[PDB]
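Poly [ADP-ribose] polymerase 1, liganded with pamiparib.
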Amino acid sequence: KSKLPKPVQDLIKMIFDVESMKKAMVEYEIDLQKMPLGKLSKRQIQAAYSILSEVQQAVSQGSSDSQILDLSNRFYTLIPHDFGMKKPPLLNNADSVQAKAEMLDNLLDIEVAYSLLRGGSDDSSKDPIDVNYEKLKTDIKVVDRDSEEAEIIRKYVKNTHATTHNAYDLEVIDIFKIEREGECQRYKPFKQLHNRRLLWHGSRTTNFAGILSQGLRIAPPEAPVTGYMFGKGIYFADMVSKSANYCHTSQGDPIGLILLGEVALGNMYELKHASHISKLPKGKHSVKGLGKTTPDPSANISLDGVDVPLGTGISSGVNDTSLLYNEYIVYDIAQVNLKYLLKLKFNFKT
Ligand SMILES: C[C@]12CCCN1CC1=NNC(=O)c3cc(F)cc4[nH]c2c1c34
């Protein structure tokens, strides 16, 4: 039987739940009878990614929409869906493509998680909790609730919840200090770049088995670069609620996980509208999408030499922007060093 601290044990049970993966799949209206969890393929997902990029290129230069309809039917044949008696959405426009690309990101992560769960070795004497914990190849420690780390993290959550995101409020249940096997060596080349910031990354619970195993990754090459507002990079927020929205929490499942990462942003390429790129212009290290609302720079503090923008929301002074809140994008996985993992209770305002 396991000796892990009991918060870490609940975390492991949460990350490796197959039923949550099946529920995520049912929430995308995927047909679980024709295409169950065990018949999820990495290469099938990549082929779906290629269909999305074919729709992107077709729409972009005046192809038949005959063509685009055929590609949408091919997509629904490659990934079987259960829509009952409604008509499935058509892949004819940019929003359809973006929805399916986010969906495929989560599908790929689910495949990674199930591949982890059913792989490696199994040892009947050992607690499954211990087996999965060491499958994560991460050091997970509980952060003391009265530390100053915890002070700053609670203040970061408390101060940067946007008013637009009025469907819920957040309660911090546990704060974990994580260390990914190998990540600090990979991050070393970027640890004295200027402008390193502690930023949020939310994702579904089922995805953290992937995120803790392999880190935060960039979409595969088959993924359409126009399926993401600022192209194929790793996306962070400085508003806790903007990232928390990407946990895809629900009333039926109100606990989520969110990441705090040291991001070496360096020279930020400032953008107010979508720009589907895979590389930065020479001399830039990150993209910053400017919101009309920013955390107050007055109130930034430092934690292990990293800036924390835990100020309250004020106007940026940016006028012709299409973003309500900031976004930070990096295009090299080495530019990220994950520091903390947070268990959040979503209290839905009903
Ligand atoms: C839809 C998108 C774009 C590429 C994959 N994505 C998933 C995501 N996850 N998590 C975040 O915390 C996040 C925070 C942001 F400020 C902007 C973001 N844009 C994304 C995310 C995101």
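Note that the numbering runs from 1 along the sequence shown for the chain. Only this structure's heavy atoms are used, side chains among them; waters, hydrogens and symmetry mates stay out. Note that ligands are numbered from 1 as they come in the structure, with each ligand's atoms numbered from 1 the same way.
Counting only non-hydrogen atoms and rounding to 1 Å, the UniProt active-site residue of chain A nearest pamiparib is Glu327, 3 Å. The UniProt domain of chain A holding most residues in contact with pamiparib is PARP catalytic. Under a heavy-atom cut-off of 4.0 Å from pamiparib, the UniProt NAD(+)-binding residues of chain A that qualify: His201, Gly202, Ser243. Defined by non-hydrogen atoms within 4.0 Å, the binding site of pamiparib is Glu102, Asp105, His201, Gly202, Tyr228, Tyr235, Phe236, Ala237, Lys242, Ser243, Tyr246, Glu327.
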